[PDB]
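Opening remarks: the structure here includes indinavir.
Just so it is clear: chains get the letters A, B, ... in the order the sequence lines come, proteins before strands, and each one is counted from 1. Recorded method is X-ray crystallography, 2.4 Å. Heavy atoms only: backbone and side chains are in, while hydrogens, waters and symmetry mates are out. Order of listing sets the numbers, starting from 1, for every ligand and every atom in it.
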There are 2 protein chains.
Amino acid sequence: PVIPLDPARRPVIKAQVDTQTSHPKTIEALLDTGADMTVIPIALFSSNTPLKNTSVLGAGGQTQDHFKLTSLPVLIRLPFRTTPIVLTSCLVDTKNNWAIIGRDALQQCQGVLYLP
Amino acid sequence: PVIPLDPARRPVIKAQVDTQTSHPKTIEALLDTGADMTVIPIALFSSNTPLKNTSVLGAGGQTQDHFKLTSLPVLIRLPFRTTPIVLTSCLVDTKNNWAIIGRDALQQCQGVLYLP
Ligand SMILES: CC(C)(C)NC(=O)[C@@H]1CN(Cc2cccnc2)CCN1C[C@@H](O)C[C@@H](Cc1ccccc1)C(=O)N[C@H]1c2ccccc2C[C@H]1O
């Protein structure tokens with residue numbers, strides 16, 4: 001679908017996320033062309049799930065803390081799609097619970113940005 | 001133009017920014033559907049320009065020293081376009097000199113996100 005861009009209304013979407021550690025869950029995620037990589041909430045995971053450490057570039061510079069990588073791929077299903085997005089790895093937000101569909105996922109559903 | 005979304009290649013654009021505090025300059029800016037507001041480098045301004053202090057949520061926790069608000073509106077022109085995007089106010093990166101075109105600007109050029 002064509003998704004209008006509005007400063008007052010974030011372009012969010014329902015996404016079923018399978019972290020392969022528990023049952024697939026539906027979240028509301030921000031469609032973010034400015035994001036190199038997808039971010040999912042730590043709440044999607046179980047308590048015994050191992051994650052890799054990392055340091056990501058953010059608005060406050062380097063955040064050497066609340067972002068981790070999954071060891072296993074992450075599967076994401078959009079409402080109008082049966083076939084899933086399969087990310088080799090993606091970021092996990094451990095402080096807050098940000099949900100961000102990055103260009104890694106957007107490429108897989110062949111999404112484009114269009115300026116008239 | 002149609003801009004493909006690619007985790008390895010950021011959707012950037014060359015945009016002429018008029019801060020109305022110095023001569024208009026062309027910068028490279030990230031096209032970002034996840035940004036509520038536009039960010040421009042403080043380099044485009046003069047040393048005597050008054051700016052407002054504020055608080056902006058970003059990846060690296062929560063910052064309130066990084067970004068400032070403009071006092072005057074900002075005009076942005078896209079390639080081969082004479083009629084300017086007019087932003088009443090936008091963020092000013094006083095540190096890493098980021099250039100981000102948010103949904104405030106993307107709305108005025110009628111930009112859309114398209115998922116096939
Ligand atoms: C993979 C990861 C997500 C960590 N990457 C980023 O953070 C990139 C980095 N570049 C770095 C970069 C900068 C310049 C050139 N190349 C790379 C700048 C662009 N961001 C993506 C941002 O668009 C992320 C969003 C996320 C968000 C939205 C709403 C609420 C919380 C978090 C974001 O930061 N948006 C905020 C935001 C951001 C800018 C301006 C205003 C606002 C308001 C707010 O919406």
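- The chain in largest contact with indinavir (ligand 1) bears the name, in the PDB entry, of Protease.
- Every other chain with a heavy atom under 4.0 Å from indinavir (ligand 1) is named here: A, B.
- Proximity of B:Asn96 to indinavir (ligand 1), defined as any heavy-atom pair under 4.0 Å, is not found for any part of the residue.
- Note on indinavir (ligand 1): B:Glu28 sits outside its first shell, no heavy atom being nearer than 4.0 Å.
- Proximity of B:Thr38 to indinavir (ligand 1), defined as any heavy-atom pair under 4.0 Å, is not found for any part of the residue.
- The PDB entry identifies the source organism of chain B as Human T-lymphotropic virus 1.
- With a heavy-atom cut-off of 4.0 Å, B:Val39 touches indinavir (ligand 1) through its side chain alone.
- In this structure, atom 16 (N) of indinavir (ligand 1) is in close contact with the protein, since a protein heavy atom lies within 4.0 Å of it.
- Near indinavir (ligand 1), within 4.0 Å on a heavy-atom basis, the structure shows A:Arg10, A:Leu30, A:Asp32, A:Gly34, A:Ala35, A:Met37, A:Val56, A:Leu57, A:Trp98, A:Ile100, B:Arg10, B:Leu30, B:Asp32, B:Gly34, B:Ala35, B:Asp36, B:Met37, B:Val39, B:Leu57, B:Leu91, B:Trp98, B:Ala99, B:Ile100.
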Are any protein N/O atoms closer than 3.5 Å to the N/O atoms of indinavir (ligand 1)? If there are, list each pair with names and the distance to one decimal place.
unit_1               : atom_1 : unit_2  : atom_2 : d
indinavir (ligand 1) : 16 (N) : B:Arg10 : NH1    : 3.4
indinavir (ligand 1) : 23 (O) : A:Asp32 : OD1    : 3.3
indinavir (ligand 1) : 23 (O) : A:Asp32 : OD2    : 3.1
indinavir (ligand 1) : 23 (O) : B:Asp32 : OD1    : 3.0
indinavir (ligand 1) : 23 (O) : B:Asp32 : OD2    : 2.6
indinavir (ligand 1) : 35 (N) : B:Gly34 : O      : 3.1
indinavir (ligand 1) : 45 (O) : B:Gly34 : O      : 3.2
indinavir (ligand 1) : 45 (O) : B:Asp36 : N      : 3.4
indinavir (ligand 1) : 45 (O) : B:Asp36 : OD2    : 3.1

